[PDB]
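Written below as structure tokens is the structure these notes are about.
Order of the sequence lines sets the chain letters (A, B, ...), proteins ahead of strands, with each chain counted from 1. Values below: all heavy atoms of this structure, side chains included; hydrogens, waters and symmetry mates excluded. Read the numbers this way: they start at 1 and go in the same order the structure lists the ligands and their atoms.
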Amino acid sequence: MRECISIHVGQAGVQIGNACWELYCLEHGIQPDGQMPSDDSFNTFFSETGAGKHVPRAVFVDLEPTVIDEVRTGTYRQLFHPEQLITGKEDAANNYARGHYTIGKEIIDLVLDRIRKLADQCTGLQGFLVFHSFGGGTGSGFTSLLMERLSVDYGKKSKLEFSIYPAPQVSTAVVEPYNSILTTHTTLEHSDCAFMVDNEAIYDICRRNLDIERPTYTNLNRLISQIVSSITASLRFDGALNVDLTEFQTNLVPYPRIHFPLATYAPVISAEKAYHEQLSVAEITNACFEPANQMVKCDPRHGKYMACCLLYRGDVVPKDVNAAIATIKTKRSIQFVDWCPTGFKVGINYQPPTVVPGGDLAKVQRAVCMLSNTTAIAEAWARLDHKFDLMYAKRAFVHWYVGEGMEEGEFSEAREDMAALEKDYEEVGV
Amino acid sequence: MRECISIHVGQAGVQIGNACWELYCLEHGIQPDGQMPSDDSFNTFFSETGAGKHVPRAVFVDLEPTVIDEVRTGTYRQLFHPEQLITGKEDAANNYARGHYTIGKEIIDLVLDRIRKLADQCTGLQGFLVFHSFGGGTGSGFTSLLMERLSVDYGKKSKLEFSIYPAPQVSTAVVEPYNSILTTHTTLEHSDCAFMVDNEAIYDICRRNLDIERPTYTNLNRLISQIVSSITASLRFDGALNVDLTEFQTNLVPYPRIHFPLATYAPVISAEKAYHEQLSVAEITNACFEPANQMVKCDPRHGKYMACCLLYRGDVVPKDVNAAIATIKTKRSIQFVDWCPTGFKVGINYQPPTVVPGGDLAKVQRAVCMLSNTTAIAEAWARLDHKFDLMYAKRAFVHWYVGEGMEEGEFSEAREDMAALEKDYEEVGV
Amino acid sequence: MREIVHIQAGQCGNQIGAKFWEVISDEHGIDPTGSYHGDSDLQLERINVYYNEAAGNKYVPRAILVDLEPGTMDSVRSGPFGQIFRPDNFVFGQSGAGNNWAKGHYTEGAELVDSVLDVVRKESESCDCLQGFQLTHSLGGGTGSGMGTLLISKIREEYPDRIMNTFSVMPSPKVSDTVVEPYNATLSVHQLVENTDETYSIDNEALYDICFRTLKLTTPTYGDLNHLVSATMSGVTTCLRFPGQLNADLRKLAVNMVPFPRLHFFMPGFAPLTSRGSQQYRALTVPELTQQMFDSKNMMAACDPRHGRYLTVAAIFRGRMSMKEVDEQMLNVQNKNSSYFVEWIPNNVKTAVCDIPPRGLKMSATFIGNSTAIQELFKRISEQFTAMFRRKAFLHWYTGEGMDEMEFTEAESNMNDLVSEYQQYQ
Amino acid sequence: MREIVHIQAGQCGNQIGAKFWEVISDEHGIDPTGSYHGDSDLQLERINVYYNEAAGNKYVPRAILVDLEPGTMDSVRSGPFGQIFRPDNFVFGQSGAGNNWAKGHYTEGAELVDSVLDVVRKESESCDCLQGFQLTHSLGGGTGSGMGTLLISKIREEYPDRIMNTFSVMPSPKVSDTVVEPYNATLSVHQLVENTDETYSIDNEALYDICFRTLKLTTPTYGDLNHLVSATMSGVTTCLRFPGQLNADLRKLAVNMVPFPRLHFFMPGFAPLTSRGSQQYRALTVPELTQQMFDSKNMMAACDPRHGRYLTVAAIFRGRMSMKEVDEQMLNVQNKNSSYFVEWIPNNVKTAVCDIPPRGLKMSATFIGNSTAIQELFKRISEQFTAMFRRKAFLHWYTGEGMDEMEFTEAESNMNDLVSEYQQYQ
Ligand SMILES: CC(=O)O[C@H]1C(=O)[C@@]2(C)[C@H]([C@H](OC(=O)c3ccccc3)[C@]3(O)C[C@H](OC(=O)[C@H](O)[C@@H](NC(=O)c4ccccc4)c4ccccc4)C(C)=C1C3(C)C)[C@]1(OC(C)=O)CO[C@@H]1C[C@@H]2O
Ligand SMILES: CC(=O)O[C@H]1C(=O)[C@@]2(C)[C@H]([C@H](OC(=O)c3ccccc3)[C@]3(O)C[C@H](OC(=O)[C@H](O)[C@@H](NC(=O)c4ccccc4)c4ccccc4)C(C)=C1C3(C)C)[C@]1(OC(C)=O)CO[C@@H]1C[C@@H]2O
Ligand SMILES: Nc1nc2c(ncn2[C@@H]2O[C@H](COP(=O)(O)OP(=O)(O)OP(=O)(O)O)[C@@H](O)[C@H]2O)c(=O)[nH]1
Ligand SMILES: Nc1nc2c(ncn2[C@@H]2O[C@H](COP(=O)(O)OP(=O)(O)OP(=O)(O)O)[C@@H](O)[C@H]2O)c(=O)[nH]1
Ligand SMILES: Nc1nc2c(ncn2[C@@H]2O[C@H](COP(=O)(O)OP(=O)(O)O)[C@@H](O)[C@H]2O)c(=O)[nH]1
Ligand SMILES: Nc1nc2c(ncn2[C@@H]2O[C@H](COP(=O)(O)OP(=O)(O)O)[C@@H](O)[C@H]2O)c(=O)[nH]1
Ligand SMILES: [Mg+2]
Ligand SMILES: [Mg+2]
């Protein structure tokens, strides 16, 4: 009942996983060895063996051994089933075609089988939670090989997808635009709700709200994990207005292809700041409509809102929430589309946000995660297809992709399909 | 009441015996000196003398001294009666005709005298358990000499036979195809249920399920003994649905010559994984229908099932078993014959599988041994009679067999009789 | 798990190699005896990248040593780490290359290469999963230039899909010890442009400039030059030997570094580099580590990158550091220096970050630049070559080995084709 | 319990024999005095296979020592282990064989064989169950070639069903010490093809090739050659002296190794063999033992197996090892080398595995090849014989012993019949 299989692909997905599973163990009170000292609240994420050991409903996949061998050696080595951690022989080299066509074939039929040996333990599997990098070779190419299989083997089941997406200026690779554009078929055809996130936006959120001058990835992953906990909290706990994983989508997604919401969390705040402000429902609701808190570097004021899911958790009351979203409807800078007169889906859940004890983020009685479908996100696509255009006009790295079994025409067919999505998000704003 | 005489022949049968008697001693709580510290559960396998010493109902036979002199010197030197460990001077040289006509001709009337002195201590002897190699000279030739005698001396009594059979690729001898084909008269005419087992299939089970990268024969024999403990468990213990040794045959054997079932065991599992798998009755039932767990390298999907005996042991309930076999009947890849609408014989026994303390195979609440009559096994015969045909077309080693008193025409008469068995298993699938 | 096979050719290749084996053995915590003596499980968890296990827990380097004289084998084997190598992996001739490429490629190394290749086969098939070949040599003289490129050709034909990664010390005008260096180098670069997946171009003039104007060494030896080379050799494989925030295999470098197939001639560098009398006064922090790393003085080929544009740079950082600070600095560099990067690539910098800095450093960066300025190294060699070849000088020593004058015309033709392809994007 | 009777003939047979008795006395832990001094019960359990028990728990080896000269008896009796043998079992003449087969077979040894054979009876009647005869000799010269094959004929007629198993050092052109070597061997091979159940063909050219190209010995003696032979003699009987996962008697070898009655001219080998200065760098394990064992440089006859196909190979392993790993490697060899095995046999490799490896190594493998490449050993002797015999050279030394010219014609006829039967299955 209410299970979610969680798939963590390549270094970014595995390292966000290593923060998600750090959080879910604390929030359910599971030890890092998988035991539980002293109710079904853990069941969405944890299978229970007869011995009294909890086991996570997850798969970690990397085509190179290094990051998953860290998990198999660090403090979580006792938690996972030693076959649900899957390592290939050779790296995908930031090349989509190694992930999808050449190295992915040597491990996909093992990955998909271990996913099936998790599904046979569920009773009403609610959906999939797929975590990856858009810029990676495994991140783009292996996720796109895996989603194509999952979308024929589990066609009804909703596939939610958490993507670290290329930034305006911050980048780690030269070929990040190629891998991202080649991924756009995956998200359009074989995904049901795709949460784009940006490293440069979280780096700025960390600088302004957390007072941390120079963050690592472990800081970012303790913000991305906090969103997925807050999405799943209605699946795991009691609330005044619990939201199902399918109910969420019926309010977020206005049209079949328009399933790329922004996400944001409030209050992101340092423990030193959190004493000197009161953090009421109205304050944390207004914080979600600041450009300063969006986790993709695009401005929501250059768009129109189609729908917002305000998923509150902790000590919040429907009085306060209605009184808050009445002020958001009053502000003329926050503009909805003419065809969504309701605008807001509200969720309210009684479980406060857990604090990771080694984290930068305050204890707070309340949080909200706002997940928001808006026309503005098309600018994050207009940035990256302008990076693609400069390189494909030269064929600047194309021999590495053609050399590993890809058709050269797939680059044109992917830039074409992205232009049809960037068209669709401009078309519905009117 | 409910005795079995276990006859262990050649090196393979004696070394499987040294694992069988290692297990039975642990399972009944008998010390390796035959004493029992502190119900008649042991009575099937052990005679009890007035000193409080339990002596096994076993005969060990080899035409050479080396392997039984090791049994006479190791930890079990005090278990066995010294004259039921039987040895000759001269090795059978992987030559059937030395085992049958020339060397075993001398030891046979001493082997029978021990079997007579064991049967005269039984009261309602249930049958014989005969352990051997198909590829050996003692394994093929001496077992076929002995069975011809036991089938006139004890004509009513059920003769169950456990055979290590030649593999698709793994082989230890050049003449393994000759000895195996010459044995096919023994199993057809002088046996009642013959369990073929393959070294290469267990080597692959060890690699995939125990995760031992490089196993010895001690690892194989500890799986082969575990199946016979599970066949005999209903003779030895209390259960919900105990199965008699002839009740077993009345459900396994559809036709007089169609008595070559496959065997498999589940869960084969290591201590690394047994604490993370559920090992529910549904999973360990389904594991028996995987090609991955069959102990002969043939694919059951290239056959049809005639009958299955699912012999469960440990903590199981008839609710769970009926609910499990209902899913097996639902799966279109597991195909029964049109003339067996019932298909399944179920046994359920309350005694869990005993761990050998030195072993790789983990402690578990449940096991099933599935013993299964299927048309697929004819491919393991089609492999080996194609090895025979290449050598007999040249008469490639025939002078060693003709030189030791065999008729040359017995090779044609054995390849002929094998083709009539391989015909019978193809004929009944329709 | 991503094994490497490492090969040393001639005096220079065996000297930069036998110094590298002292560096990566100090990283992995291996005694000169071959015994493990390190601190950390992270030192041992990837020792299979460069070593084989042997009985008694002795570790043997997966190195093959090649020469046409015994005297460099005697110099490596009698050296500080000389005991650590497998005695049966020393493969040698008994008369030198004479500083002649054609002796290396056609006569004295053509005899020997079959006894190299069967040792390379023994070590490569004994690997679990080979990633590539790491070959150290020089382009001057005859053993490294002519036998090493024969050996690249033979290994390339047998392992077509594995990374061929070469570290190539090569001629420059103001620091030279051979008359026939331009001939040997021109005949050798003709093999590297076709066969290698990466070649790291290294210069004794630039390695002396680091020693004089950065380290302030009064009398830098070849042992001090070999220490600068081997730091960048340890640097680029770090991400398959140790964990990190961003992992980059040698192939993950190649896909990002090499836009068009033949433009794989890189220029390495290292940070920090200080005098031992100024390490007390400097911060090793990522901004200071970056301002050094992009300095025209820090790079190990004499080509000033300000005489061209980078196609790609890779900065492989090591140590506990912020990804914001690393991503900030690799942005600030290519925006404030935008006239020195090609403007048809939207980001020219690859980054990688390992969690384990070199022993005795809190941070390190290894730099790889694919600058068009490297046209100057191939140009000046081609201009030295042209002057000797226009009058056929010294060619009886090469044509005596049965080489054609047509092969000199064709090698310098292919050299100018390499110069033209770098100049095209400038 | 499967006793063996061992017989030594001429200088070579007594020298490979007197070294063999030092090797198996080290295995069984027997002192040069004949007293037992070993570690283990397994050493004593089968000591009857090669020794007789005598008073005071002294062990006396079941050798018969045969020569036509006293000087090799004097050299054995005075040697490292000479005092071990029974004084009555030294059976000898005074005037030698003159390197003449016909002196061995018709004159000097025909006188002596009545005094040999009646000692072979005293040892065979002291046996509980004799399995066979293990005869060491050479096919060059006159004592081993001509008296040893007289003695094979006499023991074969008296014991027709016991294993006759011979270790036969035999001529080759590049390592030769006798003018009439081709004659003596051709007259002797004519007896071996009819009477023996197994003959292990050994060559001084191949035993010197192991000493130079594997062991790297600078000056290999006959004592070093005798050590390589006697390692494979200890090897093939191991499975009746020690326990194992797969036991193979000399008869269990013969049934698997000899497809057609006369094709029993085997070719032995041994592993691991390592250069003395290199052992610490080598991993002792089943796939390295395999890659040595199945390579053309390791076999103890001059025949390169790449000039034929194997009929059967037996690999008798010793040590604690996996049956999956043994069965995997003996599969991988004959599938990856399938052009070198006959394709009318569906598996060409016999395996055996003993639990007790030789003293001082963790594992070992004795290799026995049967291959159509053994045609080359019989061919080159037959063509050296032919080139002398067309001009009747040296025949007055043989016809002086009353031998016919017809016996030379009939021996070389039977030699070409043995060459033709191996070449038939090529
Ligand atoms: C107290 C202190 O700070 O000591 C430093 C030091 O003073 C300086 C000057 C060191 C020092 O470097 C040199 O003296 C040197 C001389 C000629 C050529 C190259 C280097 C040092 O010797 C070098 C040494 O580096 C290492 O030990 C690294 O692990 C290095 N390996 C070796 O140098 C090595 C030496 C002997 C045997 C085996 C290895 C390494 C480099 C890259 C990748 C892996 C390992 C270090 C930190 C120092 C001293 C000791 C003074 C410097 O080198 C490095 C690589 O850090 C030179 O400029 C840097 C900055 C350092 O501050
Ligand atoms: C520390 C160490 O590794 O010692 C080894 C050794 O260095 C090497 C080089 C040994 C050594 O072998 C030789 O030197 C040699 C020289 C000429 C001809 C044959 C051998 C060794 O002497 C030989 C000796 O082997 C034995 O003792 C065997 O049990 C052997 N018996 C004898 O050699 C022997 C010697 C004196 C008296 C009686 C017996 C044997 C072989 C087959 C069957 C039964 C017994 C061993 C392990 C070693 C040394 C001591 C260096 C090697 O031999 C063996 C049989 O292992 C040669 O290649 C192997 C690999 C070994 O590593
Ligand atoms: N927030 C965050 N971003 C990460 C993390 N790890 C990697 N990234 C991002 O991942 C993007 C590039 O993808 P890769 O890390 O190379 O993805 P990959 O699947 O491992 O790629 P391959 O090595 O080719 O298989 C970069 O833009 C990084 O900023 C992490 O732990 N947290
Ligand atoms: N699983 C297993 N297989 C064994 C064992 N011992 C031998 N075998 C198999 O036995 C088969 C060959 O038969 P032999 O071992 O030679 O049988 P044998 O009766 O002793 O033959 P003879 O020596 O001629 O008397 C091979 O295919 C081996 O894989 C053992 O302990 N376990
Ligand atoms: N860095 C470095 N350069 C060297 C070394 N030895 C020689 N060189 C230089 O680089 C060139 C190498 O050529 P060399 O290796 O002698 O030719 P080879 O032996 O025929 O391959 C020489 O002319 C020297 O200038 C050394 O130990 N280190
Ligand atoms: N391996 C080995 N070969 C020997 C030895 N002594 C001689 N040989 C060689 O093999 C041949 C043996 O012939 P030999 O035994 O002298 O003839 P015989 O005494 O008449 O039987 C000689 O020509 C030598 O080349 C020895 O100790 N060991
Ligand atoms: Mg990756
Ligand atoms: Mg046997």
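In this structure, the drug modeled at ligand 1 is Taxol. Among all chains, the one with more heavy-atom contacts to Taxol (ligand 1) than any other is, according to the PDB entry, Tubulin beta chain. The letters of other chains with a heavy atom under 4.0 Å from Taxol (ligand 1) are C.
In this structure, the binding site of Taxol (ligand 1) at 4.0 Å (heavy atoms) is formed by C:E22, C:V23, C:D26, C:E27, C:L215, C:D224, C:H227, C:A231, C:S234, C:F270, C:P272, C:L273, C:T274, C:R276, C:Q279, C:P358, C:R359, C:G360, C:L361.
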